[PDB]
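Complex: narlaprevir (bound form) / 3C-like proteinase.
Chain letters run A, B, ... following the sequence lines, proteins first and then strands; every chain starts at 1. The figures that follow rest on heavy atoms only: side chains count, while hydrogens, waters and symmetry mates do not. Each ligand, and each atom within it, is numbered from 1 in the order the structure gives. Technique stated in the header: X-ray crystallography, 2.3 Å.
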2 protein chains.
Amino acid sequence: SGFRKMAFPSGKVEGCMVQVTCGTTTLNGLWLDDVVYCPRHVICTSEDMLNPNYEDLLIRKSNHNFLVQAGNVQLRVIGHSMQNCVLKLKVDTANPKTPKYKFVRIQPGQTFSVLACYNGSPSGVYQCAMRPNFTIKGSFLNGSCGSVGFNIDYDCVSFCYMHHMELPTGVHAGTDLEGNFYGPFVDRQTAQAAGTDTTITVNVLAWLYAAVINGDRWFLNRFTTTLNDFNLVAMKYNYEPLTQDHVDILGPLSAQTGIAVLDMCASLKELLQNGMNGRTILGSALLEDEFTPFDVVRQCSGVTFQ
Amino acid sequence: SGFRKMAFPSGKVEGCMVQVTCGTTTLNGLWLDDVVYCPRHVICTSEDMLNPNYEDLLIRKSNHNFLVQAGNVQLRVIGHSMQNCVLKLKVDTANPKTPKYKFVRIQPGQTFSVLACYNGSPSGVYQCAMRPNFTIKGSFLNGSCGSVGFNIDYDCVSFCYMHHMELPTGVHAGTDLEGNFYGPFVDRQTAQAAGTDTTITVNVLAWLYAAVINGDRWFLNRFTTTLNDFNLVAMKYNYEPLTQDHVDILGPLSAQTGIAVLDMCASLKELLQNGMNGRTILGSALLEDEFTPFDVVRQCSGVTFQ
Ligand SMILES: *[C@](O)(C(=O)NC1CC1)[C@H](CCCC)NC(=O)[C@@H]1[C@@H]2[C@H](CN1C(=O)[C@@H](NC(=O)NC1(CS(=O)(=O)C(C)(C)C)CCCCC1)C(C)(C)C)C2(C)C
Ligand SMILES: *[C@](O)(C(=O)NC1CC1)[C@H](CCCC)NC(=O)[C@@H]1[C@@H]2[C@H](CN1C(=O)[C@@H](NC(=O)NC1(CS(=O)(=O)C(C)(C)C)CCCCC1)C(C)(C)C)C2(C)C
């Protein structure tokens, strides 16, 4: 038993991390085959971030301006190209540790593991979720740009995030591995609007099911609620609308615990209105929304990977 | 910025996990050089748990009763020996991916990363701490026995834990890599006394320093205390006696934030007596004691490893 925030094993991603330097800016790059992916704003200076012209800046840059290192052994940049907000630094050596990689663009509510790197060296791994406002609550300092988020299907590493920048609130934003930002953000140092964050309801319900499997059962009621009456209670506390598809996704968890989704909704319908009086659920005093239904099945069935 | 429970990169540990099978029992083993380490109760059946005689049980077993597989490769066992509560299976092939390993026995209050494994395959990594009662709050199912805990010291992997069994309270217990259990426990299915769990005070203080660096400063008061008055409040709510040694390690955190340790103790002093009042520090409504001051320095400075 037990329940903790689990990140995927980072072994297959550590071998793809390199150091990328352009002038005085040093950040991380993703070395897959003979291509090195990194944030395109590595070619900028201090006052270039304020209003950059990336086309004009890349043109004044040449191949010997990019310094790519993989540990002590180096790589020679052969051809630089731009794809949206990421830089394609092609090299003369193909990565022998290239795994079965995969480029995916995730939806708000899905979780992934982040391998935080500095100077091309892995520092730590942790799990987080893409918030409904297309930001992530991660842990990043200077030098962490280029760190990637990923999942493992089985042997297929699914890259889905690359860190770019930090918001004034303290959350973080980035792109997929094709250079397209998550959200309405642009890679420019200027104040931009960020949306209001909501609570992922289908994730809170999966977390409550995890609490039932582990023994926490006090939050449970005997009543039921509609699929519409619950949405009234949800949409006040800035919770996210619950659909019929979410009920079908929670099938496995509903069948193992013998508690219908609409029954667990009635338990959640009561918790949001009254509070918790000062109790705890799974060792937490707040409701957790960073566990997808699939994350709960992994921790309560032992799903392993390559 | 940011702060999340962060685990060490598990790349160097994934290549050491193998599958050990003895009869019907299949669990995980640690492959370092030409030795495989696994819990000794792999030789037990279902009836042996109540009262196992490990000497008499091991004698009835031979080298060909132990089958070890590192994925698709079979490791033929040559010599089996028993050291405390772990079994050694010397195989004919040395692990070519043997990292720079190291066997350590951690103290209560220290943290480490756990690589939960099933059938010799890594399932995920998470961070936890050794509780003062020599238990850990982990996440383990059936087949997870043999999963190891570790720290990464630059280029040296420090193995410090191997999972063995689960307690009635939902917590877990195990041994070091020499076979010596953490705590008074013995590997036998029989009611066994566990100790009262206290809160690691030096970790809560370090966690409060992390909140100050990240922006959370509402809990800072204007009082101050010595080292003895705070211990009266701490020892009632089950915290560890705060010693002068704990004040000395928190230097880097106190020097960066400009807040003395005795100053943070007064702010903590009010936090135990008056509660928090539906408030959250670092996004948590409870006080966290699973972050050593070394962990906080790591996330707030950028320590990487090999
Ligand atoms: C990353 O590139 C890196 O690690 N580089 C190596 C050299 C150290 C670096 C690190 C981010 C902090 C964790 N990322 C950046 O420098 C990017 C790029 C420049 C500025 N930033 C960035 O993160 C800004 N944040 C920022 O610009 N946020 C906004 C504007 S704001 O934050 O509202 C304000 C007007 C500055 C107050 C822009 C985009 C949307 C969010 C708001 C800070 C360095 C100030 C944190 C690029 C080109 C965007
Ligand atoms: C591990 O061997 C494994 O993963 N095997 C693979 C093949 C399935 C397995 C993991 C189980 C839970 C994570 N570990 C065990 O089976 C050990 C060994 C037998 C029994 N257990 C075990 O964990 C017991 N727990 C237990 O016995 N705890 C106590 C006694 S008790 O819990 O108070 C009670 C009287 C049984 C209620 C003894 C040890 C100290 C704590 C108390 C359970 C399977 C019941 C969880 C060994 C040989 C100890």
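In this structure, every copy of narlaprevir (bound form) sits at ligands 1 and 2. With heavy atoms closer than 4.0 Å, the chains neighbouring narlaprevir (bound form, ligand 1) read A.
For narlaprevir (bound form, ligand 1), the polar-atom distance check finds no N/O of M165(A) at less than 3.5 Å from any of the ligand's N/O atoms. From narlaprevir (bound form, ligand 1), the nearest residue that UniProt flags as active site in chain A, along with the heavy-atom distance to 1 Å, is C145(A), 2 Å. Of the candidates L167(A), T21(A), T190(A), the one placing a heavy atom closest to atom 30 (C) of narlaprevir (bound form, ligand 1) is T190(A).
This entry records a covalent attachment of narlaprevir (bound form, ligand 1) at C145(A) SG.
Within chain A, UniProt domain annotation places most contacts with narlaprevir (bound form, ligand 1) in Peptidase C30.
In this structure, atom 44 (C) of narlaprevir (bound form, ligand 1) has its sub-4.0 angstrom surroundings free of protein heavy atoms. A heavy-atom separation below 4.0 Å is not found between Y118(A) and narlaprevir (bound form, ligand 1). By the deposit information, the source of chain A is Severe acute respiratory syndrome coronavirus 2. With the cut-off at 4.0 Å and only heavy atoms counted, the binding site of narlaprevir (bound form, ligand 1) comes to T25(A), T26(A), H41(A), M49(A), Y54(A), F140(A), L141(A), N142(A), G143(A), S144(A), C145(A), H163(A), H164(A), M165(A), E166(A), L167(A), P168(A), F185(A), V186(A), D187(A), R188(A), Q189(A), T190(A), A191(A), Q192(A).
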